[PDB]
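Chain A is numbered as in the PDB entry; the shown residues are, in order, 522-585, 592-662, 667-896, 899-950. What's counted below: heavy atoms across the whole structure, side chains too, no hydrogens, waters or symmetry copies. One-based numbering, in listed order, for ligands and for the atoms of each.
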Amino acid sequence: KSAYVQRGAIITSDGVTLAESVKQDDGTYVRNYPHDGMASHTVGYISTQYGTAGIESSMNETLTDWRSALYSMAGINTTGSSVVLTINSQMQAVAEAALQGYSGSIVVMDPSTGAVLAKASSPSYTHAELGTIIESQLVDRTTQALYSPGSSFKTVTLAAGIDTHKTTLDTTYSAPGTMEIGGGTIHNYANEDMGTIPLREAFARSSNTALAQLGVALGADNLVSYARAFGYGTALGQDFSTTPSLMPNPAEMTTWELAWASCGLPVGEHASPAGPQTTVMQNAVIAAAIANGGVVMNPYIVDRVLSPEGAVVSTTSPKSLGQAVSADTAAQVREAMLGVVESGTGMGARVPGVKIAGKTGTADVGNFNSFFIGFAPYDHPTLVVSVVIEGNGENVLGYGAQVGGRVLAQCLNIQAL
Ligand SMILES: *C(=O)[C@@H](NC(=O)c1c(-c2ccccc2Cl)noc1C)[C@@H]1N[C@@H](C(=O)O)C(C)(C)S1
């Protein structure tokens, strides 16, 4: 009976329709996807073969007595209501252009609300291609793929160390090329001996040996608690599905495992999952919480629902998942992240004439992935970005940062119009 009931439209915040139902002469309705290929994973689909995904799935209730027995009356009475997303089409096009030629994903988010302004996964597909045989492409690498976050997770270790008042940005750390911890070995990248340096510098240069010592000083309970307070263990998304980011049961962790976890590498062996394992969306949520004075927002992608004749049925409200760190801690972490871009591993994210802050990472998976989270402008951030570029075959060292800065710069100009 449901082919005869018109399905509501899915529309961007700037007024671009990405999904629509069209009436047949038959009486039935056919699902049409204008600008087919934009925000495909987010818009989603309902397919017998390929399953259901995205807004088509999560808002299916919304987009979907005596008259019900008459199929001829299904068309007149009740139309589906439409969904206006928080996605902006120009920011979406920006994120999609930056992923051309690469596998991975980008999220652009408003740090004060958690509104998702761009959400792109690559490789992507068109709805036309769902009517044919295809495999990778269908995985939503923003929300439904887990990755070792590598050094980008040091944002959480740093935040926890500062928030528990166990260290400060100017506290010095030995940052040798190799160190014995928990009866195993931790190395800096390239075995680089950095000598004794302040934590802000250990963070800007992404020393594993330094940040591992902080993780060990923190202990497993604190490291796991802080990860969870940033959202680990929560299925992020008010109105979309994200697979929870994972940490171990702290009681099961060893010291060596702890050392590695605090650098973003999951090496545990126990009943509970190894961690951290992250989504890109979770990485955005962390950057956003840091950008927003420590207040974690549950991200969302629907702005509002519109009745068939264009009335506002309802509006999403921003909702907090709590205060993960104090405002004072957040300002310190923001400062440390500025250092990453101004003088450490994130210089590829620099954009002349605007202050960009962030944290980079690289995780071995002979393949490695490149991560970046960041926000801008440094003073009064209005945007957050989270990026993964998957190596696969290629060396992609530093690519996440170059992509991140580019996306932020172009999204700021869009914001400005
Ligand atoms: C965290 O991402 C860090 N990554 C590494 O150190 C990592 C290594 C490596 C080499 C020897 C012993 C242990 C490990 Cl994990 N191999 O692959 C990567 C490079 C640092 N962060 C990165 C950046 O912020 O992206 C680096 C490249 C500066 S190293």
Q.
So what's the drug over at ligand 1?
A. cloxacillin (open form)
Q.
Help me out: which chain holds the greatest share of contacts with cloxacillin (open form, ligand 1), per the PDB entry?
A. Peptidoglycan glycosyltransferase
Q) Do any nitrogen or oxygen atoms of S683 come within less than 3.5 Å of a nitrogen or oxygen of cloxacillin (open form, ligand 1)? A) no
**Q.** Location of contacts on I717 toward cloxacillin (open form, ligand 1), heavy atoms closer than 4.0 Å
**A.** neither
Q) Is there a nitrogen or oxygen of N722 sitting under 3.5 Å from a nitrogen or oxygen of cloxacillin (open form, ligand 1)? A) no
**Q.** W791 near cloxacillin (open form, ligand 1) by a heavy-atom separation under 4.0 Å
**A.** yes
Q: Give the residue and atom name of whichever protein heavy atom lies nearest to atom 3 (C) of cloxacillin (open form, ligand 1), and the separation in Å to one decimal.
A: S682 OG, 2.4 Å
Q. Taking non-hydrogen atoms only, is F684 closer than 4.0 angstrom to cloxacillin (open form, ligand 1) via side chain, backbone, both or neither?
A. neither
Q | Per-atom contact, atom 9 (C) of cloxacillin (open form, ligand 1), protein heavy atoms, under 4.0 angstrom | A | no
Q. Which bit of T893 gets closer than 4.0 Å to cloxacillin (open form, ligand 1), counting heavy atoms only: side chain, backbone, both or neither?
A. both
Q. Does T891 approach cloxacillin (open form, ligand 1) within less than 4.0 angstrom via side chain, backbone, both or neither, non-hydrogen atoms only?
A. both
Q: Indicate the covalent partner of cloxacillin (open form, ligand 1) (residue plus atom), or none if absent.
A: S682 OG
Q.
Check this for me - cloxacillin (open form, ligand 1), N739, N or O atoms closer than 3.5 angstrom, yes or no?
A. yes
Q. Between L796, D895, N719, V896, which one has a non-hydrogen atom sitting closest to atom 16 (N) of cloxacillin (open form, ligand 1)?
A. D895
Q: Define the binding site of cloxacillin (open form, ligand 1) at 4.0 Å using heavy atoms, by chain and number.
A: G681, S682, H718, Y720, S737, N739, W791, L796, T876, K890, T891, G892, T893, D895, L930
What are the atom names and distances for all N or O pairs under 3.5 Å between cloxacillin (open form, ligand 1) and the protein?
from: cloxacillin (open form, ligand 1); atom 1: 2 (O); to: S682; atom 2: N; distance (Å): 2.8
from: cloxacillin (open form, ligand 1); atom 1: 2 (O); to: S682; atom 2: OG; distance (Å): 2.1
from: cloxacillin (open form, ligand 1); atom 1: 2 (O); to: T893; atom 2: N; distance (Å): 2.9
from: cloxacillin (open form, ligand 1); atom 1: 2 (O); to: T893; atom 2: O; distance (Å): 2.9
from: cloxacillin (open form, ligand 1); atom 1: 4 (N); to: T893; atom 2: O; distance (Å): 3.3
from: cloxacillin (open form, ligand 1); atom 1: 6 (O); to: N739; atom 2: ND2; distance (Å): 2.9
from: cloxacillin (open form, ligand 1); atom 1: 17 (O); to: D895; atom 2: OD1; distance (Å): 3.3
from: cloxacillin (open form, ligand 1); atom 1: 21 (N); to: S682; atom 2: OG; distance (Å): 2.7
from: cloxacillin (open form, ligand 1); atom 1: 21 (N); to: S737; atom 2: OG; distance (Å): 3.2
from: cloxacillin (open form, ligand 1); atom 1: 24 (O); to: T891; atom 2: O; distance (Å): 3.4
from: cloxacillin (open form, ligand 1); atom 1: 24 (O); to: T891; atom 2: OG1; distance (Å): 2.4
from: cloxacillin (open form, ligand 1); atom 1: 25 (O); to: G892; atom 2: O; distance (Å): 3.4
from: cloxacillin (open form, ligand 1); atom 1: 25 (O); to: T893; atom 2: N; distance (Å): 3.2
from: cloxacillin (open form, ligand 1); atom 1: 25 (O); to: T893; atom 2: OG1; distance (Å): 2.6

